[PDB]
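Below, chain A is the first sequence line, B the second, and so on; all start at residue 1. All ligand and atom numbering here is 1-based and tracks the order in the structure.
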Amino acid sequence: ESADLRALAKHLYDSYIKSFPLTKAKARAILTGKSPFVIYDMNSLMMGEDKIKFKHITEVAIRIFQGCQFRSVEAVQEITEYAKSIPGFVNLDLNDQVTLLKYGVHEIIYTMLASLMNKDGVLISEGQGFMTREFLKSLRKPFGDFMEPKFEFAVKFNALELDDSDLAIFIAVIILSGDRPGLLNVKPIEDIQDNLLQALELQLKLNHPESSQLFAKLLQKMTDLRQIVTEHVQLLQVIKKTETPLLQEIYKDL
Amino acid sequence: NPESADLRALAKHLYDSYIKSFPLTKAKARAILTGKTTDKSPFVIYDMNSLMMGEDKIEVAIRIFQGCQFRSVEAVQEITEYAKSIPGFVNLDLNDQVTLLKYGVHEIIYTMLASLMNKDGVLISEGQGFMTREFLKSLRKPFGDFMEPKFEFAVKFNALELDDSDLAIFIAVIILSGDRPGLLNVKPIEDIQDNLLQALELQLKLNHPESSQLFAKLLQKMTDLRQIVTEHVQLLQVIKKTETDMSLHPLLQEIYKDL
Ligand SMILES: COc1ccc2nc(COc3ccc(CC4SC(=O)NC4=O)cc3)n(C)c2c1
């Protein structure tokens, strides 16, 4: 039966590679050596907009935030395509699929955002750029407190040294959360998630044999994820109290 | 089935997103309009007393017009949700996304409005109601002329007998139009629409194997869609002068601006 867990792990890894262009191995190779444009202050931001091809350009902090929402929309679509590859997901109730995605995209977005972050900054524009953590902190309030929680999460999460094949199953586990509010049929969701959790346990034990309870710690990280999301939507409504048409319909979330 | 399987997967994806984005599909509209139910029967509005009676379970011409406006805003929200699910759409330039929605939203609105129509009237309020064509024609000028072109187009267009799986790809093709005014990068939009047109051609061949050249006729209906949108914006340009005390919805204002 363990061969079946390995088959599921390989399937999810292949789908993960198909769905996410900027993998953690690529981002890690860019952050060490293999040449992204670094944005460290306002002038390097200017030259970045004049040199890098950004798609969100129609105050500076509002612009940075709006780009980080463009990327979030793209991410939601990639996560949707990946979720459709999880065995049993498409056979679920359609409303349940919509609910699972609706409540999972944020936790997955920050999980994978950790893959593009180190203690000093975050990759941007499919790895073409690297915006420093200090330049993000230097943004005016409340926009200066948006990314620091994500950095603090990414340090501890990256300390687990997970690879893409681990993150594929971990993300698949996040999607199939049977406690999302409004679900109509929880039984098949929790069944799929139990199979995915078995696959994740076997994967972590075969891929990290020196880490005794890495599975448990990875499960413990999900509480931190829900804290980052829960405390992020607060900054999102306060952000709705600091920014006063057709563009706002595209970004009714993020 | 070589690369046809990729187009079939794209069709299934678009149909799934379609069902997830529009709560009143054509299938449910036809189940309501015909007689497949005793639970899906609508309340029929055809005069003043049936309107006043039907205002329990969800000026007069102004009220109906505002209802059409609210339904239009809701439709723009649903079409936006569906557009974000078109592969490659959210990867385009943001300005081009705004433009594509801006010029495609009403063509899609009337296309799907055909699904809620017969020759006698149109479903309203999620199918709970059904307002007749002649009651809409009886409204004061020029509100009485607002819906007739939509009814004529819907009569000609419903003859193609498309189901929801066809309409998903068709409205996807409508969104990814490279001839919209003001687009920055036409080439990617045209690549996506080339893929969507392949998917639509295959879907119409497999779903309607007896409908000869249904692809061409469906593509030709976009002319009628264009003419309908133009006549509507002209009517609006009259209403803006006759009714100085009425307001168009801000989203609708931004849509119609420089159309
Ligand atoms: C209160 O009674 C109601 C309630 C809702 C109804 N919906 C419809 C028909 O649905 C329509 C018709 C036209 C449009 C296009 C329009 S109209 C406008 O002002 N701006 C647009 O973009 C969009 C939806 N009718 C007849 C209604 C009657």
How do the PDB entries name the drug found at ligand 1?
-> rivoglitazone
Chain with most contacts to rivoglitazone (ligand 1) (name per the PDB entry) = Peroxisome proliferator-activated receptor gamma
By chain letter, what other chains have any heavy atom closer than 4.0 Å to rivoglitazone (ligand 1)?
-> B
Give a yes/no verdict on whether any heavy atom in B/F130 is under 4.0 Å from an atom of rivoglitazone (ligand 1).
-> no
Between B/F135 and rivoglitazone (ligand 1), find which residue part has any heavy-atom pair under 4.0 Å and reply side chain, backbone, both or neither.
-> neither
When residues of chain B contacting rivoglitazone (ligand 1) are grouped by UniProt domain, which group is largest?
-> NR LBD
Specify the source organism of chain B, per the PDB record.
-> Homo sapiens
Which residues that UniProt lists as binding rosiglitazone in chain B have a heavy atom under 4.0 Å from rivoglitazone (ligand 1)?
-> B/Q69, B/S72, B/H106, B/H232, B/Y256
Determine whether the side chain, the backbone, both or neither of B/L113 has a heavy atom under 4.0 Å from any heavy atom of rivoglitazone (ligand 1).
-> side chain
Pull out every atom of rivoglitazone (ligand 1) sitting under 4.0 Å from any heavy atom of B/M147, numbered as shown with elements.
-> 12 (C), 13 (C)
Can you find a non-hydrogen atom of B/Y110 under 4.0 Å from rivoglitazone (ligand 1)?
-> yes
Heavy atoms under 4.0 Å from rivoglitazone (ligand 1): which residues of other chains qualify?
-> B/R63, B/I64, B/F65, B/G67, B/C68, B/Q69, B/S72, B/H106, B/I109, B/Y110, B/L113, B/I124, B/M131, B/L136, B/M147, B/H232, B/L252, B/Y256
